[PDB]
Amino acid sequence: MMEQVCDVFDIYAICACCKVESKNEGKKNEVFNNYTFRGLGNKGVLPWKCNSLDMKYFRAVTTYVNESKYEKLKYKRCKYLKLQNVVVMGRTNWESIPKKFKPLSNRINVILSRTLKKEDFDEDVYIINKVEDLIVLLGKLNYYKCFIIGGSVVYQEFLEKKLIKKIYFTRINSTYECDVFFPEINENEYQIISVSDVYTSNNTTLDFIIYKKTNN
Amino acid sequence: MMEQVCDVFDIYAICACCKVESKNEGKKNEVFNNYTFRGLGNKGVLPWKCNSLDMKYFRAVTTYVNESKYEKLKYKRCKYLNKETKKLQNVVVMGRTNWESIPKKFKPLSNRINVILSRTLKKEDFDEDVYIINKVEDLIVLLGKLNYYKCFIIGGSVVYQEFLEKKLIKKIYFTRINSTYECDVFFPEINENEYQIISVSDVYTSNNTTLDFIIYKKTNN
Amino acid sequence: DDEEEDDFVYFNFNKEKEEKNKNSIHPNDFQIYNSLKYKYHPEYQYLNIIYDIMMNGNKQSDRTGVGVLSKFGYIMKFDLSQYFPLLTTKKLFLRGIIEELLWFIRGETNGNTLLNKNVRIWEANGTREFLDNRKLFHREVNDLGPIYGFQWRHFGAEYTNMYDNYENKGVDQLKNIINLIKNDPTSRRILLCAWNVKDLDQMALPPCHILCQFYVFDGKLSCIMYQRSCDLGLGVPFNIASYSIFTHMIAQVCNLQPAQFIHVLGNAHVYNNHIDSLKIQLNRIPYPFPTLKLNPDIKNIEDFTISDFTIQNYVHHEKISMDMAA
Amino acid sequence: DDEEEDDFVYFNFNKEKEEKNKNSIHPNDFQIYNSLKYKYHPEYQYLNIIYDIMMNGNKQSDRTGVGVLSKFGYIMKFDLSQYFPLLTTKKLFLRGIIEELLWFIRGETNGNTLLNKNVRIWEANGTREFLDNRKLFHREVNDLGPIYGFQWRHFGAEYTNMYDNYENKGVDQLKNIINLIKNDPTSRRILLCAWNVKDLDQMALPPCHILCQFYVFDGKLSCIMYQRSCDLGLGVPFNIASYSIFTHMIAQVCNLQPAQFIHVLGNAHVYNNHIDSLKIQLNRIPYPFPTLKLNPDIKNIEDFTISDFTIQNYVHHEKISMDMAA
Ligand SMILES: NC(=O)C1=CN([C@@H]2O[C@H](COP(=O)(O)OP(=O)(O)OC[C@H]3O[C@@H](n4cnc5c(N)ncnc54)[C@H](OP(=O)(O)O)[C@@H]3O)[C@@H](O)[C@H]2O)C=CC1
Ligand SMILES: NC(=O)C1=CN([C@@H]2O[C@H](COP(=O)(O)OP(=O)(O)OC[C@H]3O[C@@H](n4cnc5c(N)ncnc54)[C@H](OP(=O)(O)O)[C@@H]3O)[C@@H](O)[C@H]2O)C=CC1
Ligand SMILES: O=c1ccn([C@H]2C[C@H](O)[C@@H](COP(=O)(O)O)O2)c(=O)[nH]1
Ligand SMILES: O=c1ccn([C@H]2C[C@H](O)[C@@H](COP(=O)(O)O)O2)c(=O)[nH]1
Ligand SMILES: CCc1nc(N)nc(N)c1-c1ccc(Cl)cc1
Ligand SMILES: CCc1nc(N)nc(N)c1-c1ccc(Cl)cc1
């Protein structure tokens with residue numbers, strides 16, 4: 001019996017957070033926990049500028065599609081109301097993406113705004129006035145999975161309203177200057193179901209963990 | 001697709017075979033191959049008496065059933081027969097001599113639907129809860145009317161030979177008893193072009209002999 | 001498709017239905033550990049062994065009256081090129097084990113040197129009572145005998161006392177394996193062995209770390225360390241760090257990049273007293289590993305000093321005392 | 001659950017796509033080996049290593065000119081209570097390794113003894129030329145030096161020549177490990193080590209088999225053997241047999257039942273010249289292992305003779321010349 005959108009319509013969140021620096025004492029925290037990793041961006045950009053391994057991960061996850069498993073989805077979705085995934089982002093977020101890289105290739109780019117002119121951009125490039133308007137654009141489109149790629153503001157509301165199924169969280173294990181952060185995930189609403197191998201990229205170790213919606 | 005009986009009804013064969021007593025001819029530079037393991041029985045019984053581990057394996061395989069996978073098999077068998085719309089058990093088919101070789105305390109085989117192939121005997125000759133059929137065709141008819149998980153052909157040689165002849169075996173669970181005993185009945189030589197080994201188990205020791213279990217599967221074309 | 005799936009069940013026909021001391025370990029207990037679908041973080045190589053010993057270990061009682069769960073033969077591998085394997089499911093300190101390493105390199109066997117730096121790893125092994133019980137009635141307190149350092153720099157030399165000048169006596173294996181790595185890298189004899197059969201009875205105690213074997217490929221160094229006895233809950237965590245650090249050191253003085261530290265465990269055991277703590281540890285999710293930075297100017301194995309080692313970005317769960325006794 | 005499956009797809013995002021020597025090796029070559037679904041026969045522990053080395057091994061020139069494919073660190077386990085692991089994918093004879101073993105146990109280092117029994121395992125290492133090139137100019141032909149036999153019974157004694165009676169000189173490790181297994185079974189110091197650092201240069205060649213460690217639990221004896229250098233195509237098959245027999249011998253004279261023989265491989269290599277032959281072997285399906293029977297009246301490790309050993313029901317494939325050179 002299918003009516004809780006997140007699970008229902010297949011919405012996922014994907015992020016990469018680093019550690020935050022505090023002016024009073026910058027390192028070697030006395031107490032650590034999952035919240036340690038919350039740095040999201042700094043002055044319109046990533047706090048660590050670039051990380052090719054995470055870039056590859058982000059791209060591979062948002063563009064991956066398994067067509068044979070698409071009607072198990074077309075089925076209930078229709079039943080509830082060149083396959084590509086949907087990538088929902090914010091304006092400040094969309095404006096941070098470089099020129100040559102916009103829109104994100106092989107992905108149905110969506111945007112959350114109150115001032116952007118739909119009139120102005122492409123059709124394969126949709127915009128929306130509010131959260132709830134997204135569910136709508138989904139019921140019309142043909143996609144595999146919907147990924148909320150940020151930013152902070154966008155992560156927060158999507159979590160509060162409880163639309164997030166899984167959170168593909170990348171832990172950048174180094175400290176940087178930050179001004180925007182990810183919302184403290186509620187350990188009782190979401191739980192870590194997977195932890196990857198550890199890697200070194202751009203002079204920092206990092207790993208990828210998967211947060212799940214405790215169906216419970 | 002042209003549906004073959006062995007697939008629709010899941011007819012499998014399971015046996016145990018030891019090494020035969022050779023007329024060592026003056027060569028302990030013996031050649032070995034899969035046919036080296038062909039001894040099925042001796043004077044009505046197993047060449048090796050008993051093997052608790054093989055026994056345990058035979059029982060686990062022939063009594064194992066997965067109810068969640070039944071409905072899928074049901075729709076398939078019924079679809080093939082153009083027929084569409086209390087515990088689940090497997091079937092075991094054996095020759096009359098195999099039947100008679102079983103101790104009374106063990107007949108019919110527990111938790112399995114027992115089917116016996118014979119001409120000299122009829123339902124009236126048996127006290128047990130078993131099915132008596134006098135031809136292979138009767139089995140197929142019987143399987144289309146019963147609720148069962150899988151069908152295992154358990155011997156003897158004669159029974160094995162014709163089921164392989166008729167090309168009704170989907171897979172062969174073969175136990176290689178790594179020892180030599182006196183034998184008078186043997187398992188048919190498997191045509192390597194018709195059957196290929198797809199799995200090999202761990203090696204074990206039981207009743208003073210090592211043994212392992214392999215699985216043959218009907219081939220391409 | 002499912003065709004070969006039932007075959008899996010048949011091949012497991014002779015398997016034990018339940019885990020051995022599952023009865024004593026109890027699963028609601030490891031409920032986060034069992035809730036994980038994919039545990040690819042390297043720390044699980046260590047955690048999975050703790051789980052394996054707890055669930056299938058053999059109950060044994062040391063001649064001490066103490067109890068343990070033990071298994072025989074395990075192997076862990078850590079990619080030092082991607083991370084420094086310092087356990088993150090509990091808090092670990094490294095000053096002491098680094099000093100112990102520097103002490104081995106100097107060839108010392110003098111227990112006082114470490115005590116004066118408050119590194120008490122070997123203290124209990126050097127007391128008057130412990131040496132007497134080893135029948136070392138004529139050994140001075142804290143004179144550990146021909147252990148590691150002596151074997152690494154003077155194998156074969158006749159041990160006298162911890163203050164003797166053994167300059168040029170015995171085989172300097174440390175110097176030899178380094179020269180082998182530099183001149184003959186494809187050699188399969190680059191071993192550093194501390195188990196000197198002739199000197200065992202003279203040692204405060206036989207070495208736990210039997211030997212190190214090195215492998216060199218495409219400018220990269222790997223190391224295998226064979227441990228004959230492993231205290232999983234307390235010792236192994238430090239064991240992995242020590243030898244991972246050693247690997248980096250040997251690699252840098254030979255201008256090679258570190259590759260894998262391969263840990264081979266012989267008698268792997270878990271003390272019964274650590275079980276509650278280890279259960280707690282098993283339910284913690286590892287954080288990304290930290291990295292190790294060595295002062296790049298050090299090019300001679302003997303020139304390292306405590307200030308040349310730096311652990312960076314160490315994120316960890318709070319400390320746990322394996323023995324919750326006090 | 002199917003996306004708990006997609007996560008799997010993601011986690012594997014940083015692979016290469018092909019194995020290293022794919023192009024060089026070609027898989028339509030391991031057709032039979034790859035067609036199998038469940039390869040649980042213990043012989044696959046050895047065949048999978050060969051396949052791993054061939055597919056992922058590093059290319060090196062092991063001894064000047066020869067060239068091999070190598071890997072570092074592997075562990076194989078054989079349940080001696082369930083079978084004797086003599087490889088069946090090719091033919092093997094054990095008279096020679098058993099004589100070598102007895103030779104070891106007697107503490108001999110005289111190559112002529114083996115040669116008189118038509119066992120040439122050590123012939124090449126005892127020639128005038130081989131010895132001279134090892135710088136052993138004052139060593140008689142076939143006097144192998146302080147190798148296995150000598151170390152097992154007299155570790156630490158000064159080696160003189162192969163005819164010398166070294167009575168009550170050095171450490172008789174062999175006897176000591178037998179007494180520890182009998183009187184102190186739980187000990188984690190039951191090691192037999194042949195790698196005598198001080199005597200290496202005096203040996204025809206350093207031991208390939210570094211040490212053996214024993215483990216006792218509930219009347220069962222397990223043994224781990226650490227091999228520093230391993231010739232997968234020619235040596236290993238025999239090494240596994242050699243030590244499994246030794247494990248049985250020690251178990252019997254100690255009144256225990258043999259359990260597991262654990263083989264640890266340090267530098268594991270496959271000689272290029274053996275590739276073609278090993279490709280053939282990998283496409284052969286194993287036969288159930290045979291069994292080993294020792295004369296039950298032998299109660300002292302020193303009392304075994306060649307006729308006290310019988311390998312039974314050995315079913316094997318055609319013998320193979322690893323080196324197809326003519
Ligand atoms: N490390 C990571 O994984 C990520 C880092 N970042 C970093 O964070 C920074 C941007 O963060 P942040 O400030 O959170 O903002 P975002 O860029 O995510 O979004 C800001 C915009 O979202 C729109 N918006 C907010 N609420 C709604 C709503 N209810 N309906 C429709 N539109 C809405 C607004 O549009 P308008 O004003 O027209 O109304 C607003 O300007 C950048 O530096 C970026 O690089 C971002 C994502 C991920
Ligand atoms: N180790 C192992 O895995 C196995 C060992 N064995 C051993 O072999 C012996 C049995 O050998 P064997 O005599 O070759 O064979 P079977 O037990 O197969 O008996 C065949 C005989 O059974 C009946 N039969 C066979 N096919 C048909 C048919 N199509 N229609 C009607 N009746 C049929 C007939 O009985 P009737 O004469 O009444 O007409 C026929 O004479 C035993 O010693 C047994 O233990 C058997 C199987 C497996
Ligand atoms: O660096 C070390 C030193 C010691 N031990 C442990 C193993 C054993 O529990 C004990 C040594 O005693 P024996 O095993 O030798 O009896 O110390 C370790 O795990 N790591
Ligand atoms: O019982 C034996 C003796 C030798 N070798 C092999 C290992 C090497 O291929 C070669 C010796 O060369 P070094 O590893 O010592 O360099 O002999 C074995 O595998 N088993
Ligand atoms: C490579 C950055 C990246 N890594 C991960 N793991 N998650 C993300 N959501 C982003 C991302 C951030 C900002 C924009 Cl604008 C687009 C994508
Ligand atoms: C335990 C013997 C056994 N083991 C295996 N692997 N398969 C078999 N088919 C039998 C068997 C033989 C004769 C009778 Cl009568 C019943 C079963």
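The sequence lines fix the lettering, A, B, ..., with proteins before strands; numbering per chain opens at 1. Atoms within each ligand, like the ligands themselves, are counted from 1 in listed order. Technique stated in the header: X-ray crystallography, 2.3 Å.
- Contacts with ligand 5 are greatest for the chain named in UniProt as Bifunctional dihydrofolate reductase-thymidylate synthase.
- Given miglitol, clavulanic acid, pyrimethamine, nitroglycerin, the drug or candidate at ligand 5 is pyrimethamine.
- Other chains in heavy-atom contact with pyrimethamine (ligand 5) below 4.0 Å, by letter: A.
- Every atom of pyrimethamine (ligand 5) is numbered from 1 in the order shown, and the set under 4.0 Å from a heavy atom of A:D54 is 1 (C), 2 (C), 3 (C), 4 (N), 5 (C), 6 (N).
- Not a single N or O atom of A:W94, backbone or side chain, sits closer than 3.5 Å to an N or O atom of pyrimethamine (ligand 5).
- Atom numbering of pyrimethamine (ligand 5) starts at 1 in the shown order; those under 4.0 Å from a heavy atom of A:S96 are 15 (Cl).
- Checking only distances, A:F58 never comes within under 3.5 Å of pyrimethamine (ligand 5), N or O to N or O.
- Taking UniProt's list of NADP(+)-binding residues in chain A, a heavy atom lies under 4.0 Å from pyrimethamine (ligand 5) for A:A16, A:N93, A:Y155.
- Listed in the PDB entry as the source organism of chain A is Plasmodium falciparum.
- Proximity of A:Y155 to pyrimethamine (ligand 5), defined as any heavy-atom pair under 4.0 Å, is confined to the side chain (atoms from C-beta onward).
- UniProt lists residues of chain A as binding substrate; of these, a heavy atom under 4.0 Å from pyrimethamine (ligand 5) occurs in A:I14, A:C15, A:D54, A:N93, A:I149, A:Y155, A:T170.
- Residue A:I14 places at least one N or O, backbone or side chain, under 3.5 Å from an N or O of pyrimethamine (ligand 5).
- By the 4.0 Å heavy-atom criterion, A:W48 is excluded from the residues contacting pyrimethamine (ligand 5).
- With a 4.0 Å cut-off on non-hydrogen atoms, A:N93 touches pyrimethamine (ligand 5) through its backbone as well as its side chain.
- Of all atoms in pyrimethamine (ligand 5), listed by their number and element, those nearer than 4.0 Å to a heavy atom of A:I149 are 9 (N), 16 (C).
- If you number the atoms of pyrimethamine (ligand 5) from 1 as listed, the ones under 4.0 Å from a heavy atom of A:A16 come out as 4 (N), 5 (C), 6 (N), 7 (N).
- In chain A, most residues contacting pyrimethamine (ligand 5) belong to UniProt domain dhfr.
- For pyrimethamine (ligand 5), the atoms closer than 4.0 angstrom to any heavy atom of A:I97 are 15 (Cl).
- Residues of other chains with a heavy atom under 4.0 Å from pyrimethamine (ligand 5): A:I14, A:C15, A:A16, A:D54, A:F58, A:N93, A:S96, A:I97, A:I149, A:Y155, A:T170.
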